[PDB]
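Notes to accompany the following structure.
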Protein chains: 2
Amino acid sequence: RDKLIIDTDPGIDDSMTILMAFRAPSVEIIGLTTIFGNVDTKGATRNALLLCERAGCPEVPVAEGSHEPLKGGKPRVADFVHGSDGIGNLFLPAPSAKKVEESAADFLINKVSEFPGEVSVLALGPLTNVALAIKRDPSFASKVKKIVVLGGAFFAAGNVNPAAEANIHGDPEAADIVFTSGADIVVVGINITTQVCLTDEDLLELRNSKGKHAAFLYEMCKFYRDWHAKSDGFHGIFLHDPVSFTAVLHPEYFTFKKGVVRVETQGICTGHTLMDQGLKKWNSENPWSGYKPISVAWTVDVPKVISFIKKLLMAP
Amino acid sequence: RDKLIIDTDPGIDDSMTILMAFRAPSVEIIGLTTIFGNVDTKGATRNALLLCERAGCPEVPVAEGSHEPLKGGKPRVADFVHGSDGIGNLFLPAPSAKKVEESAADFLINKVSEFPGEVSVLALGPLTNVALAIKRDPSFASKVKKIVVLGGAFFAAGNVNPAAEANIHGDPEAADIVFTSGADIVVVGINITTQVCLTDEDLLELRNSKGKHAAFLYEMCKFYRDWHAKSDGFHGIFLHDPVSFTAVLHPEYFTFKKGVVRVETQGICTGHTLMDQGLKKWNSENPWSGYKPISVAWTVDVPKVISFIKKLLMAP
Ligand SMILES: O=c1[nH]cnc2c([C@@H]3N[C@H](CO)[C@@H](O)[C@H]3O)c[nH]c12
Ligand SMILES: O=c1[nH]cnc2c([C@@H]3N[C@H](CO)[C@@H](O)[C@H]3O)c[nH]c12
Ligand SMILES: [Ca+2]
Ligand SMILES: [Ca+2]
């Protein structure tokens, strides 16, 4: 079993991912670390604790992270995407399970130091906790096995505005710290995940399936689906976070390109992710020079990824 | 005959374009306006005057433009792409023809005001003179028939650094003024022009042809081709400026997408061009909201464009 920490802002697609992850036999979830984005950090913690209970694992530690980005200020949340409670307005009763005392940043540092080169991190929201752990401990990047990030828009439009994807826009400084940390990083941009969908028919197939969490997953996805229709004009949902989980277990369902990634932190392009492919010899040095390259998902085998996601969601 | 002003920084591909333009029948070149970029403004004026003489038209007015970008400061020139003299180190004797007294900005306003909705502008370098014209006369944008711009990198890597294309990076503030002016604008990015090449074999075919300027064009192209081999790893040249001239006469050899274009003026992404395609309904307003969209070249019919360029370059 491969040790995994999920850094997340649940979140409708985050919740689908977490529930899938608990059903994956090759994976050992050693903890959930929470962040803002789809909902405030407190709302993310509440949902993560509820997901642990729903999965029959209330013993799995939940470590609350940062309430704001590194630059500060109360963050704007995607409630128009994920609902007021972050899970499509189900307004569920409060969990009995409680979060651990330590912060998400401290939990990440402790578990990575406890098991060097063994713990993988799946980043599903803004990268604040991951950046805090990199800054607080300089050996973190050498001790973490792999960091799989759902974030960015590589040579494609963003989803917050034309320039930026939501997770990166949520904390641009944190994303730039993570992408230049020298750790073994895999980034999956929305240029990849918007190709991997569940249509209205696929969602109905989920409702009618014998899946353990089928009824709950369908109720959540109703609000998520309606946003895609109003904004993207698509009758269904984009599987952003489940696709990044698929890259953890089955990287062979994708192709990757190596290259230095930088994040714009100011101006009209705040949150924009840009990769230097290294196929052109520049005349002079630039902000992409001297850093260690990372892996950027380039193509996706959509039927294989959809088959893997559907089998986990529809498992009894 | 359609009236045309060429705003240019000659420049090797600029020189190919200017010489093609003088041979093109459905066009009347009413003037050349010069700018920095490939070489300093004074060097661009010298080359433009030499091109008018070589074409047998020393009477065609040459109006010298801005020596530095809108924000000020001595500009960095692409002498590693176009040579010390701006024309591949041919070190030709000085022209006998002299430039006009008025600035490029004043010439642009005067000729567009003289013939409202008749004069087209082909922009081959940084957009400083065009922006100065828009700022000095706020009706300029509405009076120019069309502005065809060679510039930007749309959902592709830049050629200065991963973020920016050279002409836009030369004056980001000027490009942003032009793209938001409300004028009838057609932008041709390097995402289009890098698909339209002359290989080493094609250049040899040009040398062996009966073309009026074949010998001169080939000598000048030697330094230009060499940069492509050292930097891009391509044995030949990218026809950037001749392709934008092809978009003036034959826009039917391309497909275009309508959308608001903004330019980043600060940070690591200074000079980055980004278009909002308008295919997604945004939840809130952004820097792309409220402006008039422009036409962005999306695809190119490479054989048709190559055929048109080759027939002009190889005409006796
Ligand atoms: O349209 C959207 N706007 C903002 N955030 C999201 C999300 C969330 N943010 C990430 C994708 O931007 C992903 O992790 C998901 O949990 C999905 N769709 C949208
Ligand atoms: O590789 C390059 N770096 C900088 N400028 C140029 C140019 C010039 N600048 C424009 C394309 O960036 C184009 O108008 C041309 O005259 C060609 N190739 C390069
Ligand atoms: Ca998420
Ligand atoms: Ca030029």
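By convention here, the chains are lettered A, B, ... following the listed order of sequence lines. Residue numbering for chain A follows the PDB entry; the residues present correspond to positions 10-325, in that order. To match the PDB entry, the residue numbers of chain B are left as they are there, and the shown ones run 10-325. Computed from heavy atoms alone, side chains included, the values below leave out hydrogens, waters and symmetry copies. As the structure lists them, so they are numbered: ligands from 1, and atoms in each ligand from 1.
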For this session: Provide the recorded name of the drug at ligand 2.
Result: forodesine
Exercise. What name does the PDB entry give to the macromolecule most in contact with forodesine (ligand 2)?
Worked result: Pyrimidine-specific ribonucleoside hydrolase rihA
Exercise. Under a 4.0 Å cut-off, which other chains come into heavy-atom contact with forodesine (ligand 2)?
Worked result: B
For this session: Measure B/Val169 to forodesine (ligand 2) on non-hydrogen atoms and call it side chain, backbone, both or neither using the 4.0 Å cut-off.
Result: neither
Exercise. Is there any other ligand or ion under 4.0 Å from forodesine (ligand 2), and what is it?
Worked result: ligand 4 (calcium ion)
Exercise. So between A/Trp291, B/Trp236, B/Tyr233, whose heavy atom ends up nearest atom 1 (O) of forodesine (ligand 2)?
Worked result: B/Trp236
Problem set entry | Per atom 19 (C) of forodesine (ligand 2), closest listed option by heavy atom (B/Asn176, B/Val90, B/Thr203) | B/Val90
Problem set entry | Residue B/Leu159 vicinity, atoms of forodesine (ligand 2) by number, heavy atom under 4.0 Å | 10 (C), 11 (C), 13 (C), 14 (O)
Exercise. What about A/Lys289: any of its N or O atoms under 3.5 Å from an N or O on forodesine (ligand 2)?
Worked result: no
Exercise. Which is it for B/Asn47 and forodesine (ligand 2) at heavy atoms under 4.0 Å: side chain, backbone, both or neither?
Worked result: side chain
Exercise. So, is B/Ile199 polar-close to forodesine (ligand 2), with some N/O to N/O distance under 3.5 Å?
Worked result: no
Exercise. Is there at least one pair of N or O atoms, one from B/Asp18 and one from forodesine (ligand 2), spaced under 3.5 Å apart?
Worked result: no
For this session: Using a strict 4.0 Å cut-off to heavy atoms of B/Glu174, name the atoms of forodesine (ligand 2) that fall inside it.
Result: 10 (C), 11 (C), 12 (O)
For this session: Could you list which atoms of forodesine (ligand 2) come closer than 4.0 Å to a heavy atom of B/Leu133?
Result: 14 (O)
For this session: Show which residues surround forodesine (ligand 2) within 4.0 Å on heavy-atom distance.
Result: B/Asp22, B/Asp23, B/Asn47, B/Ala87, B/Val90, B/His91, B/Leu133, B/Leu159, B/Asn168, B/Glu174, B/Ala175, B/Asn176, B/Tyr233, B/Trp236, B/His249, B/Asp250
